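Looking at a structure with GC376 (bound form) today.
To find a chain's letter, count down the sequence lines: the first is A, the second B. So for chain A, numbering is the PDB entry's, and the shown residues are 1-299, in order. Note that chain B is numbered according to the PDB entry, with residues 1-299 shown in order. Heavy atoms only: backbone and side chains are in, while hydrogens, waters and symmetry mates are out. Each ligand, and each atom within it, is numbered from 1 in the order the structure gives.
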Protein chains: 2
Amino acid sequence: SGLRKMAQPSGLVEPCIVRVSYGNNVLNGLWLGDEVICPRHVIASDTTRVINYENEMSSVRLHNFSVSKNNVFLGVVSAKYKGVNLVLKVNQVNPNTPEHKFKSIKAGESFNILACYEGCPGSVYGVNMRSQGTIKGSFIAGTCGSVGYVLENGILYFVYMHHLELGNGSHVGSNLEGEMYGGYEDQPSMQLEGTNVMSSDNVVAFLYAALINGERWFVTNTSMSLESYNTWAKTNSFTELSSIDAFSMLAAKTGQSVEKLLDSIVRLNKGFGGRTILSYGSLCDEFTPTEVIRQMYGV
Amino acid sequence: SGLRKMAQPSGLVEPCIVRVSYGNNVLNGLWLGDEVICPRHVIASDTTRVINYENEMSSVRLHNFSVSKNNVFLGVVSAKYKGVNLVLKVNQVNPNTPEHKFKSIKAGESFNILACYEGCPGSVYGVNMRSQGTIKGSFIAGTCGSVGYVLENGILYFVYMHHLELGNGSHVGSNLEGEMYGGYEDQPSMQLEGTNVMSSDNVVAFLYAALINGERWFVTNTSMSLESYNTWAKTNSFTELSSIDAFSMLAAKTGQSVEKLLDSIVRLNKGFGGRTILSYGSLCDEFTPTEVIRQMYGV
Ligand SMILES: *[C@H](O)[C@H](C[C@@H]1CCNC1=O)NC(=O)[C@H](CC(C)C)NC(=O)OCc1ccccc1
(Lines of atoms letter the chains of each structure in order from A and count residues from 1; the text may use other names and numbers.)
(Lines give C-alpha, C1' and ligand atoms only; values in the text may rest on other atoms or scores of the structure.)
Protein backbone atom coordinates (compact mmCIF):
# COMPACT_ATOMS: atom_id res chain seq x y z
CA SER A 1 0.00 0.00 0.00
CA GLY A 2 2.81 2.41 1.10
CA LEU A 3 3.09 5.47 3.40
CA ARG A 4 3.65 8.95 1.87
CA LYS A 5 3.49 12.43 3.43
CA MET A 6 0.50 13.96 1.61
CA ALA A 7 -0.96 17.44 1.07
CA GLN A 8 -4.73 18.17 1.18
CA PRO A 9 -5.65 19.79 -2.19
CA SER A 10 -4.52 23.43 -2.85
CA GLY A 11 -7.70 24.41 -4.79
CA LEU A 12 -9.37 26.82 -2.30
CA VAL A 13 -5.97 28.52 -1.42
CA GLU A 14 -4.18 28.95 -4.81
CA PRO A 15 -6.40 31.89 -5.92
CA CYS A 16 -5.67 33.81 -2.61
CA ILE A 17 -1.89 34.25 -3.19
CA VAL A 18 -0.50 37.64 -4.42
CA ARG A 19 2.98 38.99 -5.31
CA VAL A 20 3.75 41.70 -2.64
CA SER A 21 6.92 43.80 -3.34
CA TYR A 22 8.51 46.91 -1.68
CA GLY A 23 11.95 48.22 -2.69
CA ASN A 24 14.09 45.10 -3.37
CA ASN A 25 11.84 42.86 -1.20
CA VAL A 26 9.56 40.50 -3.22
CA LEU A 27 7.48 37.88 -1.31
CA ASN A 28 3.90 36.49 -1.01
CA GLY A 29 0.64 37.84 0.45
CA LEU A 30 -2.73 36.28 1.43
CA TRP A 31 -5.73 38.07 -0.24
CA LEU A 32 -9.11 37.55 1.58
CA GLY A 33 -11.81 40.17 0.70
CA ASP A 34 -10.12 43.65 0.62
CA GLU A 35 -7.31 42.58 3.11
CA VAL A 36 -3.79 41.31 2.09
CA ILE A 37 -1.68 39.71 4.92
CA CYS A 38 2.11 39.25 4.34
CA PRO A 39 5.31 39.26 6.49
CA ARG A 40 6.14 42.79 7.75
CA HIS A 41 9.88 42.46 6.95
CA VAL A 42 8.90 43.34 3.29
CA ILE A 43 9.00 47.11 4.30
CA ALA A 44 12.49 46.95 5.95
CA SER A 45 15.23 48.51 3.67
CA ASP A 46 17.96 46.06 4.93
CA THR A 47 16.88 42.59 6.30
CA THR A 48 20.45 41.30 7.05
CA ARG A 49 20.91 43.83 9.95
CA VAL A 50 18.60 44.41 13.00
CA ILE A 51 15.36 46.24 11.89
CA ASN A 52 13.38 49.05 13.66
CA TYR A 53 9.71 48.32 12.67
CA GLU A 54 8.40 51.55 14.36
CA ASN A 55 10.73 53.60 12.06
CA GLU A 56 9.88 51.45 8.96
CA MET A 57 6.04 51.92 9.34
CA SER A 58 6.59 55.70 9.99
CA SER A 59 8.27 56.17 6.51
CA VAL A 60 6.04 53.58 4.65
CA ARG A 61 4.50 55.17 1.45
CA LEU A 62 1.37 53.26 0.24
CA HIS A 63 2.16 54.08 -3.48
CA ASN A 64 5.49 52.03 -3.32
CA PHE A 65 3.73 48.61 -2.81
CA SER A 66 3.12 46.36 -5.92
CA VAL A 67 0.47 43.85 -4.63
CA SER A 68 -0.60 41.74 -7.69
CA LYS A 69 -2.37 38.50 -8.76
CA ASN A 70 -1.97 37.34 -12.40
CA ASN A 71 -2.49 40.54 -14.56
CA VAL A 72 -4.48 42.31 -11.75
CA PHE A 73 -2.67 45.17 -9.84
CA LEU A 74 -4.16 45.77 -6.34
CA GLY A 75 -3.62 49.36 -5.07
CA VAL A 76 -2.98 49.73 -1.29
CA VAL A 77 -5.20 52.12 0.79
CA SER A 78 -4.10 51.25 4.42
CA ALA A 79 -1.06 49.53 6.12
CA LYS A 80 -1.13 48.64 9.87
CA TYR A 81 0.99 45.95 11.67
CA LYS A 82 -0.61 42.90 13.35
CA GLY A 83 2.18 41.12 15.29
CA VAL A 84 4.98 40.22 12.78
CA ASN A 85 2.51 40.38 9.84
CA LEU A 86 1.52 43.49 7.87
CA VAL A 87 -2.28 43.82 7.15
CA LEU A 88 -2.90 45.80 3.86
CA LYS A 89 -6.40 47.08 2.94
CA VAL A 90 -6.37 46.95 -0.92
CA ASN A 91 -8.75 48.64 -3.44
CA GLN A 92 -10.31 45.33 -4.71
CA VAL A 93 -12.18 42.39 -3.12
CA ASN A 94 -10.95 38.83 -3.97
CA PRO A 95 -13.81 37.37 -6.09
CA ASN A 96 -12.40 33.89 -5.11
CA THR A 97 -12.40 34.39 -1.28
CA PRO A 98 -13.30 31.05 0.36
CA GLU A 99 -15.27 30.32 3.56
CA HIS A 100 -12.38 30.23 6.08
CA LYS A 101 -11.38 30.54 9.75
CA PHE A 102 -7.92 31.25 11.28
CA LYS A 103 -6.54 28.76 13.85
CA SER A 104 -3.17 28.31 15.64
CA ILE A 105 -1.52 24.89 15.02
CA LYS A 106 -0.13 23.01 18.07
CA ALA A 107 3.04 20.89 18.51
CA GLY A 108 2.37 17.51 16.77
CA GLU A 109 -0.49 18.67 14.40
CA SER A 110 0.03 18.27 10.58
CA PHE A 111 -0.70 20.92 7.91
CA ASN A 112 -0.08 21.86 4.24
CA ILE A 113 2.42 24.34 2.81
CA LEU A 114 1.63 26.02 -0.52
CA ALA A 115 5.23 27.10 -1.20
CA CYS A 116 5.03 30.13 -3.57
CA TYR A 117 8.09 31.88 -5.15
CA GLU A 118 7.48 35.65 -5.38
CA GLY A 119 3.71 35.46 -6.01
CA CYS A 120 3.38 32.18 -7.99
CA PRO A 121 1.89 29.04 -6.32
CA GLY A 122 4.71 26.50 -6.79
CA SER A 123 4.17 23.28 -4.81
CA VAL A 124 2.12 21.61 -2.02
CA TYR A 125 3.64 19.37 0.66
CA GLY A 126 2.47 18.28 4.11
CA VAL A 127 4.41 19.37 7.26
CA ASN A 128 4.17 18.64 11.02
CA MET A 129 4.72 21.19 13.79
CA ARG A 130 7.73 20.34 16.01
CA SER A 131 7.63 20.88 19.86
CA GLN A 132 9.71 24.16 19.58
CA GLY A 133 7.21 25.57 16.98
CA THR A 134 9.47 25.08 13.86
CA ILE A 135 8.87 22.95 10.68
CA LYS A 136 11.42 20.94 8.56
CA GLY A 137 10.15 22.02 5.13
CA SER A 138 11.72 23.43 1.95
CA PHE A 139 11.97 27.24 1.95
CA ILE A 140 14.33 29.70 0.14
CA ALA A 141 14.82 33.39 -0.67
CA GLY A 142 11.42 34.38 -2.23
CA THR A 143 9.10 31.91 -0.32
CA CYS A 144 8.28 34.20 2.68
CA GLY A 145 4.50 34.71 2.81
CA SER A 146 3.99 31.09 1.68
CA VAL A 147 0.73 29.97 3.33
CA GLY A 148 -0.03 26.93 5.54
CA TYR A 149 -3.61 25.52 5.73
CA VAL A 150 -5.64 22.50 7.07
CA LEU A 151 -9.11 21.22 6.04
CA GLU A 152 -11.17 19.79 9.01
CA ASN A 153 -14.80 18.60 8.58
CA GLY A 154 -15.50 20.89 5.55
CA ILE A 155 -13.89 23.96 7.30
CA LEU A 156 -10.76 25.64 5.73
CA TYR A 157 -8.37 27.13 8.38
CA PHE A 158 -5.29 29.29 7.45
CA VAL A 159 -2.64 28.50 10.17
CA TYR A 160 0.87 29.55 9.02
CA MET A 161 2.70 32.27 7.05
CA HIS A 162 6.48 31.74 6.42
CA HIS A 163 9.09 34.23 7.95
CA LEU A 164 12.63 32.83 8.50
CA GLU A 165 15.06 29.86 8.72
CA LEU A 166 17.20 29.25 11.85
CA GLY A 167 20.98 28.54 11.78
CA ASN A 168 20.23 24.77 12.02
CA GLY A 169 17.90 24.71 8.94
CA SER A 170 14.58 24.86 10.88
CA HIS A 171 11.75 27.05 9.42
CA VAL A 172 9.72 29.57 11.52
CA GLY A 173 6.41 31.27 10.69
CA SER A 174 3.47 33.09 12.23
CA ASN A 175 -0.23 32.34 12.72
CA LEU A 176 -2.40 34.74 10.65
CA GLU A 177 -3.11 36.68 13.92
CA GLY A 178 0.63 37.58 13.74
CA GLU A 179 2.33 35.61 16.57
CA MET A 180 5.54 33.82 15.51
CA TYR A 181 5.27 30.13 16.59
CA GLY A 182 7.95 29.33 19.20
CA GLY A 183 8.12 33.04 20.18
CA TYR A 184 11.08 33.59 17.74
CA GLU A 185 11.91 37.18 16.60
CA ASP A 186 11.32 38.65 13.06
CA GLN A 187 15.07 39.54 13.10
CA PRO A 188 18.23 38.21 11.37
CA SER A 189 19.84 37.66 14.83
CA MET A 190 21.14 34.21 15.98
CA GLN A 191 18.23 32.09 17.46
CA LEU A 192 18.74 28.52 18.79
CA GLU A 193 15.84 26.05 18.30
CA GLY A 194 16.37 24.05 21.54
CA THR A 195 15.80 20.31 22.19
CA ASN A 196 13.12 18.59 20.09
CA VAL A 197 10.27 16.66 21.84
CA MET A 198 9.11 13.75 19.56
CA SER A 199 5.27 13.26 19.32
CA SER A 200 4.51 9.89 21.01
CA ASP A 201 0.97 9.94 19.39
CA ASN A 202 2.50 10.40 15.86
CA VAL A 203 5.26 7.73 16.29
CA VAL A 204 2.54 5.21 17.43
CA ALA A 205 0.44 6.03 14.28
CA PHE A 206 3.67 5.54 12.17
CA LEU A 207 4.36 2.08 13.72
CA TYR A 208 0.63 1.19 13.24
CA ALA A 209 1.26 2.22 9.57
CA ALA A 210 4.38 -0.06 9.52
CA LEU A 211 2.27 -3.05 10.81
CA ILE A 212 -0.60 -2.52 8.25
CA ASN A 213 2.27 -2.59 5.64
CA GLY A 214 3.70 -5.88 7.02
CA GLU A 215 6.83 -4.67 8.95
CA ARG A 216 6.42 -6.53 12.34
CA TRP A 217 10.00 -7.17 13.66
CA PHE A 218 9.90 -4.13 16.10
CA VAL A 219 6.98 -5.76 18.08
CA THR A 220 7.70 -8.29 20.93
CA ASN A 221 5.24 -9.80 23.54
CA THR A 222 6.14 -6.93 26.00
CA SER A 223 3.48 -4.27 26.79
CA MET A 224 4.31 -1.00 28.63
CA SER A 225 1.40 0.82 30.39
CA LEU A 226 0.17 4.39 29.63
CA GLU A 227 1.41 5.32 33.18
CA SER A 228 4.80 3.47 32.82
CA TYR A 229 5.36 5.17 29.39
CA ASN A 230 4.33 8.83 30.20
CA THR A 231 6.93 8.66 33.09
CA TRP A 232 9.68 7.36 30.69
CA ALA A 233 8.70 10.08 28.13
CA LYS A 234 9.33 12.93 30.61
CA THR A 235 13.19 12.31 30.61
CA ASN A 236 13.69 11.00 26.99
CA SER A 237 12.27 14.08 25.12
CA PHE A 238 8.91 12.50 24.09
CA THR A 239 5.28 13.69 24.62
CA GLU A 240 2.79 12.19 27.11
CA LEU A 241 0.38 9.97 25.09
CA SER A 242 -2.97 11.86 24.63
CA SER A 243 -5.08 8.66 25.20
CA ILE A 244 -5.35 4.96 24.04
CA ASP A 245 -8.86 5.63 22.50
CA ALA A 246 -7.22 7.71 19.67
CA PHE A 247 -5.93 4.37 18.17
CA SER A 248 -9.07 2.18 18.76
CA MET A 249 -9.74 1.33 15.05
CA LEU A 250 -5.95 0.87 14.39
CA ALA A 251 -5.52 -1.50 17.42
CA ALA A 252 -8.55 -3.55 16.13
CA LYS A 253 -7.28 -3.99 12.49
CA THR A 254 -3.71 -5.16 13.50
CA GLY A 255 -4.48 -6.97 16.78
CA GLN A 256 -1.61 -4.94 18.33
CA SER A 257 -2.25 -2.59 21.30
CA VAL A 258 -0.90 0.94 21.99
CA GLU A 259 0.90 -0.56 25.09
CA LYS A 260 2.61 -3.09 22.71
CA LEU A 261 3.94 -0.21 20.48
CA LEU A 262 4.65 2.18 23.47
CA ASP A 263 7.27 -0.45 24.43
CA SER A 264 8.49 -0.62 20.74
CA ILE A 265 9.23 3.16 20.92
CA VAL A 266 11.53 2.52 23.98
CA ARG A 267 13.42 -0.44 22.38
CA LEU A 268 13.84 1.46 19.01
CA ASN A 269 14.74 4.90 20.59
CA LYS A 270 17.95 3.00 21.72
CA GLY A 271 18.66 1.77 18.13
CA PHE A 272 17.35 -0.05 15.00
CA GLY A 273 20.67 -1.97 14.63
CA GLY A 274 20.75 -1.44 10.81
CA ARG A 275 17.00 -2.25 10.25
CA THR A 276 14.46 0.19 8.66
CA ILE A 277 10.69 0.74 9.25
CA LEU A 278 9.07 1.79 5.87
CA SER A 279 12.70 2.76 4.83
CA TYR A 280 13.46 4.95 7.95
CA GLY A 281 16.64 4.11 9.97
CA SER A 282 15.07 6.16 12.83
CA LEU A 283 11.59 6.81 14.46
CA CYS A 284 9.32 9.30 12.62
CA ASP A 285 6.69 11.72 14.19
CA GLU A 286 5.68 13.32 10.78
CA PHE A 287 2.32 11.36 10.71
CA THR A 288 -0.71 12.00 13.05
CA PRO A 289 -3.15 9.12 13.77
CA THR A 290 -5.78 10.88 11.49
CA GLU A 291 -3.36 10.77 8.48
CA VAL A 292 -2.65 7.01 8.93
CA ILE A 293 -6.38 6.06 9.28
CA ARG A 294 -7.15 8.21 6.11
CA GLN A 295 -4.21 6.81 4.07
CA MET A 296 -4.61 3.10 5.14
CA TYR A 297 -8.52 2.77 5.00
CA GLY A 298 -9.80 5.99 3.28
CA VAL A 299 -11.58 7.29 6.46
CA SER B 1 17.18 25.19 2.61
CA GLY B 2 15.85 21.57 2.87
CA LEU B 3 14.63 19.10 0.19
CA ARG B 4 11.09 17.65 0.04
CA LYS B 5 9.27 15.61 -2.60
CA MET B 6 6.68 18.13 -3.80
CA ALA B 7 3.54 18.27 -5.97
CA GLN B 8 2.34 20.94 -8.41
CA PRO B 9 -1.01 22.35 -7.19
CA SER B 10 -4.21 20.33 -7.84
CA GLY B 11 -6.88 23.07 -8.21
CA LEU B 12 -7.45 22.66 -12.04
CA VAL B 13 -7.79 18.83 -11.48
CA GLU B 14 -9.85 18.54 -8.21
CA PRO B 15 -13.16 19.39 -10.01
CA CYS B 16 -12.63 16.67 -12.74
CA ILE B 17 -12.88 13.65 -10.34
CA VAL B 18 -16.24 11.77 -10.17
CA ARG B 19 -17.43 8.52 -8.49
CA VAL B 20 -18.03 5.57 -10.93
CA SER B 21 -19.56 2.23 -9.78
CA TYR B 22 -20.80 -0.91 -11.57
CA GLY B 23 -22.01 -3.82 -9.39
CA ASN B 24 -19.96 -4.25 -6.15
CA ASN B 25 -17.03 -2.16 -7.68
CA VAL B 26 -16.50 1.58 -6.77
CA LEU B 27 -13.64 3.77 -8.11
CA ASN B 28 -12.72 7.19 -9.60
CA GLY B 29 -13.39 8.67 -13.05
CA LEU B 30 -11.91 11.71 -14.84
CA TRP B 31 -14.84 13.93 -16.06
CA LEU B 32 -13.63 16.20 -18.96
CA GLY B 33 -16.35 17.69 -21.26
CA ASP B 34 -19.10 15.00 -21.63
CA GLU B 35 -16.46 12.19 -21.18
CA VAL B 36 -15.69 10.11 -18.01
CA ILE B 37 -12.46 8.04 -18.43
CA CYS B 38 -12.07 5.22 -15.81
CA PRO B 39 -10.34 1.81 -15.52
CA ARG B 40 -12.31 -0.98 -17.31
CA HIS B 41 -12.10 -3.48 -14.34
CA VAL B 42 -15.01 -1.45 -12.78
CA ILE B 43 -17.11 -4.04 -14.75
CA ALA B 44 -15.43 -7.26 -13.44
CA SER B 45 -17.91 -9.39 -11.34
CA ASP B 46 -14.93 -10.65 -9.20
CA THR B 47 -11.57 -8.71 -9.24
CA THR B 48 -9.51 -11.32 -7.22
CA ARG B 49 -9.62 -14.05 -9.98
CA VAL B 50 -8.29 -13.87 -13.60
CA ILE B 51 -10.90 -12.06 -15.77
CA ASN B 52 -12.33 -12.93 -19.22
CA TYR B 53 -12.67 -9.26 -20.33
CA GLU B 54 -14.51 -10.05 -23.64
CA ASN B 55 -17.17 -12.17 -21.76
CA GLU B 56 -17.57 -9.64 -18.86
CA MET B 57 -17.87 -6.74 -21.41
CA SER B 58 -20.34 -8.86 -23.56
CA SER B 59 -22.97 -8.89 -20.70
CA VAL B 60 -22.45 -5.16 -19.73
CA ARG B 61 -25.61 -2.96 -19.44
CA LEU B 62 -24.73 0.80 -19.53
CA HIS B 63 -27.80 1.60 -17.29
CA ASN B 64 -25.96 -0.49 -14.57
CA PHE B 65 -23.25 2.26 -14.33
CA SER B 66 -23.43 4.84 -11.51
CA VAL B 67 -21.59 8.19 -12.11
CA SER B 68 -22.00 10.95 -9.42
CA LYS B 69 -20.33 14.20 -8.17
CA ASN B 70 -21.69 15.92 -4.98
CA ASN B 71 -24.47 13.23 -5.07
CA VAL B 72 -25.64 14.79 -8.44
CA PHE B 73 -26.02 11.68 -10.68
CA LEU B 74 -24.90 11.78 -14.36
CA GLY B 75 -26.54 9.37 -16.87
CA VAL B 76 -24.53 7.16 -19.29
CA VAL B 77 -25.70 7.32 -23.00
CA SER B 78 -22.70 5.58 -24.75
CA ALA B 79 -19.18 4.24 -24.04
CA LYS B 80 -16.09 3.27 -26.08
CA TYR B 81 -13.72 0.50 -24.84
CA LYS B 82 -10.12 1.89 -25.31
CA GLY B 83 -7.25 -0.36 -24.09
CA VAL B 84 -7.60 -0.93 -20.30
CA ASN B 85 -9.81 2.23 -20.07
CA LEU B 86 -13.58 2.87 -20.37
CA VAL B 87 -14.75 6.24 -21.87
CA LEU B 88 -18.39 6.95 -20.82
CA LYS B 89 -20.40 9.64 -22.71
CA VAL B 90 -22.69 11.30 -20.05
CA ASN B 91 -25.83 13.56 -20.51
CA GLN B 92 -24.11 16.57 -18.75
CA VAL B 93 -20.82 18.44 -19.71
CA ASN B 94 -18.31 19.26 -16.86
CA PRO B 95 -18.60 23.04 -16.23
CA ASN B 96 -15.11 23.07 -14.54
CA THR B 97 -13.26 21.37 -17.51
CA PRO B 98 -9.71 22.80 -17.57
CA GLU B 99 -7.83 23.39 -20.84
CA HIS B 100 -5.82 20.12 -20.99
CA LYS B 101 -3.56 17.98 -23.19
CA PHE B 102 -2.41 14.31 -22.75
CA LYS B 103 1.20 12.98 -22.76
CA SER B 104 2.94 9.68 -21.75
CA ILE B 105 5.54 9.73 -18.88
CA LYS B 106 9.01 8.13 -19.49
CA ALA B 107 11.25 6.45 -16.83
CA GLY B 108 13.15 9.12 -14.81
CA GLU B 109 10.31 11.68 -15.14
CA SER B 110 8.28 13.13 -12.19
CA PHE B 111 4.54 13.76 -11.98
CA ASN B 112 1.76 14.50 -9.44
CA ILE B 113 -0.86 12.02 -8.09
CA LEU B 114 -4.24 13.26 -6.88
CA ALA B 115 -5.32 10.21 -4.79
CA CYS B 116 -9.16 10.11 -4.48
CA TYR B 117 -11.14 7.55 -2.35
CA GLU B 118 -14.30 6.57 -4.31
CA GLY B 119 -14.83 10.01 -5.94
CA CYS B 120 -13.89 11.75 -2.61
CA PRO B 121 -11.64 14.90 -2.37
CA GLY B 122 -8.33 13.10 -1.64
CA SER B 123 -4.65 14.11 -1.23
CA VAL B 124 -1.79 15.40 -3.50
CA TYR B 125 1.86 14.14 -3.71
CA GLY B 126 4.69 13.90 -6.28
CA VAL B 127 5.91 10.54 -7.72
CA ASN B 128 8.74 9.53 -10.13
CA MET B 129 8.51 6.76 -12.75
CA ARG B 130 10.88 3.78 -12.22
CA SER B 131 12.56 1.97 -15.20
CA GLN B 132 9.82 -0.77 -15.34
CA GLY B 133 7.02 1.87 -15.79
CA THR B 134 5.82 1.59 -12.13
CA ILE B 135 5.60 4.05 -9.17
CA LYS B 136 6.03 3.50 -5.37
CA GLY B 137 3.20 5.84 -4.29
CA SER B 138 0.45 5.27 -1.69
CA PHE B 139 -2.68 3.43 -3.00
CA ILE B 140 -5.47 1.39 -1.23
CA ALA B 141 -8.80 -0.28 -2.23
CA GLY B 142 -11.13 2.48 -3.62
CA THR B 143 -8.32 4.65 -5.17
CA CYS B 144 -8.36 3.17 -8.78
CA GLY B 145 -8.93 5.75 -11.53
CA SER B 146 -6.98 8.28 -9.36
CA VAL B 147 -5.22 10.69 -11.76
CA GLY B 148 -1.61 11.78 -12.43
CA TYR B 149 -0.80 15.14 -14.10
CA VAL B 150 2.12 17.52 -14.87
CA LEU B 151 1.92 21.27 -15.45
CA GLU B 152 4.63 22.24 -18.04
CA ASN B 153 4.73 25.82 -19.44
CA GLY B 154 1.28 26.52 -17.82
CA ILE B 155 -0.24 23.61 -19.88
CA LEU B 156 -2.08 20.87 -17.85
CA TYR B 157 -1.16 17.33 -19.13
CA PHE B 158 -3.10 14.26 -17.81
CA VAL B 159 -0.57 11.40 -17.81
CA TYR B 160 -1.66 8.64 -15.36
CA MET B 161 -4.77 6.65 -14.29
CA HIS B 162 -4.34 4.13 -11.42
CA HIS B 163 -5.22 0.38 -11.85
CA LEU B 164 -3.25 -2.03 -9.58
CA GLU B 165 -0.50 -2.96 -7.06
CA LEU B 166 2.19 -5.65 -7.72
CA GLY B 167 3.24 -8.14 -4.94
CA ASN B 168 6.38 -6.06 -4.11
CA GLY B 169 3.86 -3.15 -3.63
CA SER B 170 5.01 -1.21 -6.74
CA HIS B 171 2.03 0.58 -8.36
CA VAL B 172 0.94 0.19 -12.02
CA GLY B 173 -1.27 2.45 -14.11
CA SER B 174 -2.08 3.60 -17.66
CA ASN B 175 -1.81 6.80 -19.67
CA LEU B 176 -5.32 8.25 -20.46
CA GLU B 177 -5.32 6.57 -23.92
CA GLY B 178 -5.59 3.18 -22.06
CA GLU B 179 -1.95 1.96 -22.70
CA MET B 180 -0.69 0.51 -19.34
CA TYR B 181 2.90 1.58 -18.29
CA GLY B 182 5.53 -1.24 -18.28
CA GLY B 183 3.13 -3.42 -20.36
CA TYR B 184 1.54 -5.12 -17.26
CA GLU B 185 -1.90 -6.94 -17.49
CA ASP B 186 -5.16 -5.56 -15.94
CA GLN B 187 -5.40 -8.76 -13.73
CA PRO B 188 -4.91 -10.10 -10.15
CA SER B 189 -2.34 -12.71 -11.43
CA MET B 190 1.12 -12.42 -9.66
CA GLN B 191 3.03 -10.20 -12.19
CA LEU B 192 6.74 -9.57 -11.29
CA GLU B 193 8.11 -5.98 -11.65
CA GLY B 194 11.57 -6.74 -13.10
CA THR B 195 15.01 -5.23 -12.21
CA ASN B 196 14.79 -1.59 -11.06
CA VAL B 197 17.32 0.58 -13.07
CA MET B 198 18.26 3.84 -11.21
CA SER B 199 18.26 7.25 -13.05
CA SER B 200 21.86 8.58 -13.03
CA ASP B 201 20.56 12.13 -13.87
CA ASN B 202 18.24 11.86 -10.81
CA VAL B 203 20.99 10.58 -8.41
CA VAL B 204 23.35 13.43 -9.54
CA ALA B 205 20.46 15.93 -9.09
CA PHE B 206 20.07 14.48 -5.53
CA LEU B 207 23.80 14.64 -4.59
CA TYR B 208 23.83 18.31 -5.86
CA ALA B 209 20.86 18.98 -3.51
CA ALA B 210 22.90 17.44 -0.62
CA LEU B 211 25.98 19.54 -1.64
CA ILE B 212 23.78 22.70 -1.57
CA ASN B 213 22.50 21.66 1.95
CA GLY B 214 26.14 21.39 3.26
CA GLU B 215 26.28 17.51 3.25
CA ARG B 216 29.70 16.98 1.57
CA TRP B 217 31.24 13.78 3.13
CA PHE B 218 30.72 11.72 -0.12
CA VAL B 219 32.86 14.02 -2.38
CA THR B 220 36.55 13.09 -2.75
CA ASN B 221 39.69 14.33 -4.66
CA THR B 222 38.69 11.84 -7.46
CA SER B 223 36.68 12.41 -10.74
CA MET B 224 35.34 9.68 -13.10
CA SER B 225 35.11 10.56 -16.86
CA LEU B 226 31.62 10.26 -18.48
CA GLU B 227 32.55 7.25 -20.78
CA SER B 228 34.17 5.59 -17.72
CA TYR B 229 30.93 6.00 -15.63
CA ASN B 230 28.68 4.94 -18.61
CA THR B 231 30.70 1.63 -18.83
CA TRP B 232 30.29 1.06 -15.02
CA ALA B 233 26.50 1.87 -15.13
CA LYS B 234 25.63 -0.69 -17.89
CA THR B 235 26.55 -3.57 -15.48
CA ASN B 236 25.28 -1.98 -12.16
CA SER B 237 21.51 -1.32 -12.96
CA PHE B 238 21.98 2.47 -13.61
CA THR B 239 21.02 4.53 -16.74
CA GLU B 240 23.64 6.14 -18.99
CA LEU B 241 24.07 9.83 -18.15
CA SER B 242 23.73 11.15 -21.76
CA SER B 243 24.90 14.77 -21.08
CA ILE B 244 26.68 16.93 -18.41
CA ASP B 245 25.17 20.27 -19.65
CA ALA B 246 21.89 19.74 -17.68
CA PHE B 247 23.95 20.26 -14.44
CA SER B 248 25.95 23.36 -15.67
CA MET B 249 24.37 25.68 -13.03
CA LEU B 250 24.66 23.17 -10.11
CA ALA B 251 28.34 22.58 -11.15
CA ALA B 252 28.93 26.41 -11.10
CA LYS B 253 26.95 27.17 -7.85
CA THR B 254 28.51 24.24 -5.84
CA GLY B 255 32.03 24.23 -7.37
CA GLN B 256 31.75 20.37 -7.74
CA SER B 257 31.84 18.69 -11.20
CA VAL B 258 29.38 16.03 -12.51
CA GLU B 259 32.45 13.72 -12.64
CA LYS B 260 33.21 14.14 -8.89
CA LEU B 261 29.54 13.08 -8.38
CA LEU B 262 29.72 10.26 -10.99
CA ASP B 263 32.61 8.76 -8.92
CA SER B 264 30.57 9.30 -5.67
CA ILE B 265 27.75 7.09 -7.18
CA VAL B 266 30.26 4.21 -7.84
CA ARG B 267 31.55 4.36 -4.21
CA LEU B 268 28.10 4.98 -2.59
CA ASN B 269 26.31 2.22 -4.62
CA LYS B 270 28.60 -0.14 -2.51
CA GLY B 271 26.76 1.37 0.53
CA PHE B 272 26.77 4.47 2.82
CA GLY B 273 29.01 2.98 5.58
CA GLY B 274 26.01 3.52 7.91
CA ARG B 275 26.10 7.32 7.17
CA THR B 276 23.12 9.25 5.53
CA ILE B 277 22.52 11.97 2.83
CA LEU B 278 19.53 14.28 3.60
CA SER B 279 18.44 11.48 6.04
CA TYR B 280 18.46 8.75 3.29
CA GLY B 281 20.27 5.39 3.82
CA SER B 282 21.10 4.85 0.08
CA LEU B 283 21.12 6.80 -3.26
CA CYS B 284 17.77 8.47 -4.21
CA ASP B 285 16.55 8.71 -7.89
CA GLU B 286 13.06 10.31 -7.11
CA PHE B 287 14.19 13.95 -7.83
CA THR B 288 14.93 15.19 -11.44
CA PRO B 289 17.50 17.94 -12.13
CA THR B 290 14.56 20.35 -12.89
CA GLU B 291 12.90 19.65 -9.47
CA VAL B 292 16.23 20.32 -7.60
CA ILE B 293 16.99 23.61 -9.52
CA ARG B 294 13.35 24.76 -8.94
CA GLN B 295 13.59 23.85 -5.22
CA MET B 296 17.12 25.24 -4.44
CA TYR B 297 16.99 28.49 -6.55
CA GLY B 298 13.32 29.21 -7.59
CA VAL B 299 13.93 28.68 -11.41
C1 LIG C 1 -8.58 -0.47 -7.63
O2 LIG C 1 -9.86 -0.28 -7.02
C3 LIG C 1 -7.66 -1.37 -6.90
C4 LIG C 1 -6.41 -0.58 -6.42
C5 LIG C 1 -5.36 -1.45 -5.56
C6 LIG C 1 -6.01 -1.83 -4.25
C7 LIG C 1 -4.78 -1.99 -3.33
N8 LIG C 1 -3.83 -1.05 -3.76
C9 LIG C 1 -4.16 -0.68 -5.16
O10 LIG C 1 -3.53 0.11 -5.82
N11 LIG C 1 -7.26 -2.33 -7.89
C12 LIG C 1 -7.21 -3.77 -7.65
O13 LIG C 1 -7.49 -4.21 -6.54
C14 LIG C 1 -6.78 -4.73 -8.81
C15 LIG C 1 -8.02 -5.20 -9.60
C16 LIG C 1 -7.77 -5.30 -11.16
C17 LIG C 1 -6.27 -5.50 -11.52
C18 LIG C 1 -8.62 -6.40 -11.79
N19 LIG C 1 -6.02 -5.81 -8.31
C20 LIG C 1 -4.78 -5.44 -7.59
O21 LIG C 1 -4.61 -4.26 -7.44
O22 LIG C 1 -4.26 -6.25 -6.55
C23 LIG C 1 -5.26 -6.50 -5.57
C24 LIG C 1 -4.72 -6.18 -4.19
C25 LIG C 1 -5.63 -5.82 -3.19
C26 LIG C 1 -5.16 -5.54 -1.89
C27 LIG C 1 -3.77 -5.63 -1.63
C28 LIG C 1 -2.87 -5.97 -2.63
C29 LIG C 1 -3.33 -6.26 -3.94
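Bound to GC376 (bound form) with the most contacts here is the chain that the PDB entry lists as ORF1a polyprotein.
Other chains, heavy atom under 4.0 Å from GC376 (bound form): B.
The residues of other chains having a heavy atom under 4.0 Å from GC376 (bound form) are listed as B:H41, B:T47, B:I51, B:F139, B:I140, B:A141, B:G142, B:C144, B:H162, B:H163, B:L164, B:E165, B:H171, B:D186, B:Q187. There is a covalent bond between GC376 (bound form) and B:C144 SG.
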